[PDB]
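Contents of the following structure include ethinylestradiol.
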There are 2 protein chains.
Amino acid sequence: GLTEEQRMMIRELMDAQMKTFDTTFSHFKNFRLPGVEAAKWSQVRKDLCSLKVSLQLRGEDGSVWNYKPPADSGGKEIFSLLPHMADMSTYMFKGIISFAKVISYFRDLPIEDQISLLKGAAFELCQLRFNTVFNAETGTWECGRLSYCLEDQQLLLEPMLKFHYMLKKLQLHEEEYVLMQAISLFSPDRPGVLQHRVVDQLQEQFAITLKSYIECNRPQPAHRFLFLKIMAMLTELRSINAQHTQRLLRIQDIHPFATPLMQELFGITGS
Amino acid sequence: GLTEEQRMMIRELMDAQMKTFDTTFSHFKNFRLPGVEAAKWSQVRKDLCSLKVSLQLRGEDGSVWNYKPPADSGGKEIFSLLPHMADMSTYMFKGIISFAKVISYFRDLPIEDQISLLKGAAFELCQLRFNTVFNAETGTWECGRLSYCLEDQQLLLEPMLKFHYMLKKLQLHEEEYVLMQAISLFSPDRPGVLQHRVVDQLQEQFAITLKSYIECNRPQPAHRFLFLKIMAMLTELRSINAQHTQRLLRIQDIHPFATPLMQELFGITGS
Ligand SMILES: C#C[C@]1(O)CC[C@H]2[C@@H]3CCc4cc(O)ccc4[C@H]3CC[C@@]21C
Ligand SMILES: C#C[C@]1(O)CC[C@H]2[C@@H]3CCc4cc(O)ccc4[C@H]3CC[C@@]21C
């Protein structure tokens, strides 16, 4: 019940996803690993401990490294995983940038709006991709040879975590995830966007395509209001983006760690 | 019931031990860690898998790294822990060399015999020190922030492992361990020793001191024949030294890894 244009639209997104989502994280390499104003530090300390993960590395040889993070003891140890997570997020951002560049509707926007949209949405698309490797049973993001496992439902109070669990429970198709990415990417109201009307019309077409996809392929009572649920999650994701952007900038202010690509995307000038 | 000379002898050994045994391994640093002719390889493969350990690193910040070694899959991965163990053994050898140098009876030997005795006994003294940090309940050598845990009584078939368990069960005093070190160190029949008679008389005095120590301080039926048990263990330790020296040289032959200090001690010339 999709139009030809809607079918072509999904095919281009799925193509873009297939070409640019390293789902096994096989090419994530050379990353850093953890070693072997007072009001600011207090807030930053709060920000950081709200998402504790251990990390597992399975070697190509069958060996396994496992890292359990330190407790907060009033020192710099709370930052131990930041270089690694900066490297992972950087790797993901590159995939997201490549994704957007492969899409015709994106390529056709002026370069200034392309940059503005990626700056506005990179984090969100990263999270959408991360959700597809999230294991809600084990509380683990399974990134190929790397695993990030949540450390021991006071966990669901954390908006990012609540987001991943709730989104996972929707049991979305690849197509629905990639349409969510498109809808997030083509948000007409990111800071600095000039072609507000063009971007708005594109977003609307992605949303219509998604709504139609769900109607054509999901007759089950469980999936009533699925389209509206997804849109609500996208709104929540935008809120989480704003929150984590401020968390990032707060850390950066007292403890610099953003990679150049991160700085570029989050507006850090280097001065 | 010890003579004054025997008491002075134990005091000098205990002093030497106290000065040169880093029991917390606090100064073991900058070590390597595992990454993130056919008949020879077959034997070497057998040699290596006969002692599997996982490794734990507790960080000063409370973080914990844990390494589980790979299975043998016909490749170079069986060597993954060798650089680390070379670094640890090297660190231990330095302590053993320092131990010997602090002892009057050793200092008074000609420099050529000093070298010959250290070459002959360094491995044995290393093992004697390692036994004092061996936890027989957990099958773990507890080396301060580093732990080496035996991987899951087919284990007791391995002579080195049988040695550590049996020696631990004797529940020796610090004094008895350090006398064992002396007896091993002053073995008159290591290759190249010139002052055979002098070294022999020294060893005999350490053994007499040990026997007297046990008689003076251990009246319990459990400790009957303790001196003879210890001497039997020293003989076994010498056998294990010969075995592991040949294992080391077999590995080295197809996969070089010995540090310069190891090469020096085990007779590798660099050519
Ligand atoms: C603070 C804080 C946190 O809640 C814990 C870790 C922080 C993330 C660290 C890495 C990272 C990378 C990005 O590209 C963007 C954001 C972040 C931080 C966001 C706030 C986090 C999750
Ligand atoms: C082979 C073999 C083994 O049984 C497994 C690991 C080998 C040790 C590796 C490091 C090391 C260092 C030394 O100074 C002396 C010997 C060794 C090797 C001995 C044989 C071992 C235990």
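Chains: lettered A, B, ... by order of sequence lines. What you see of chain A is 142-177, 195-310, 316-434, where the numbers are those given in the PDB entry. The residue numbers of chain B are those assigned by the PDB entry, with the residues present covering 142-177, 195-310, 316-434 sequentially. Looking at the header, which is where the method is noted, we find X-ray crystallography, 2.0 Å. When a ligand or atom number is given, it counts from 1 through the structure's own listing order. Reckoned from all heavy atoms, side chains included, excluding hydrogens, waters and symmetry mates.
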- prompt: Quick check: main partner chain of ethinylestradiol (ligand 1) by heavy-atom contacts, named as in the PDB entry?
  reply: Nuclear receptor subfamily 1 group I member 2
task: Write down the other chains contacting ethinylestradiol (ligand 1), where contact means heavy atoms under 4.0 Å apart.
output: A
field: Binding site of ethinylestradiol (ligand 1), heavy atoms under 4.0 Å
entry: A:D205, A:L206, A:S208, A:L240, A:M243, A:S247, A:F251, A:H407, A:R410, A:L411, A:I414, A:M425, A:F429
message: Which of the numbered atoms in ethinylestradiol (ligand 1) are under 4.0 angstrom from any heavy atom belonging to A:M243?
response: 6 (C), 9 (C)
UniProt hyperforin-binding residues of chain A with a heavy atom under 4.0 Å from ethinylestradiol (ligand 1): A:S247, A:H407
message: I need the atoms of ethinylestradiol (ligand 1) closer than 4.0 Å to a non-hydrogen atom of A:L240, numbered in the order shown.
response: 9 (C)
message: Can you name the atoms of ethinylestradiol (ligand 1), numbered from 1 with element, that are less than 4.0 Å from a heavy atom of A:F251?
response: 14 (O)
message: Quick check on contacts: which atoms of ethinylestradiol (ligand 1) are under 4.0 angstrom from a heavy atom of A:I414?
response: 1 (C), 2 (C)
query: Which UniProt domain name applies to the region of chain A with most contacts to ethinylestradiol (ligand 1)?
result: NR LBD
task: Check ethinylestradiol (ligand 1) against A:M425 and write out every atom of the ligand that is under 4.0 Å from a heavy-atom position of the residue.
output: 12 (C), 13 (C), 14 (O)
- prompt: Which other ligands or ions lie close to ethinylestradiol (ligand 1), meaning under 4.0 Å away?
  reply: none
field: Heteroatom proximity flag, A:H407 to ethinylestradiol (ligand 1), N/O under 3.5 Å
entry: no
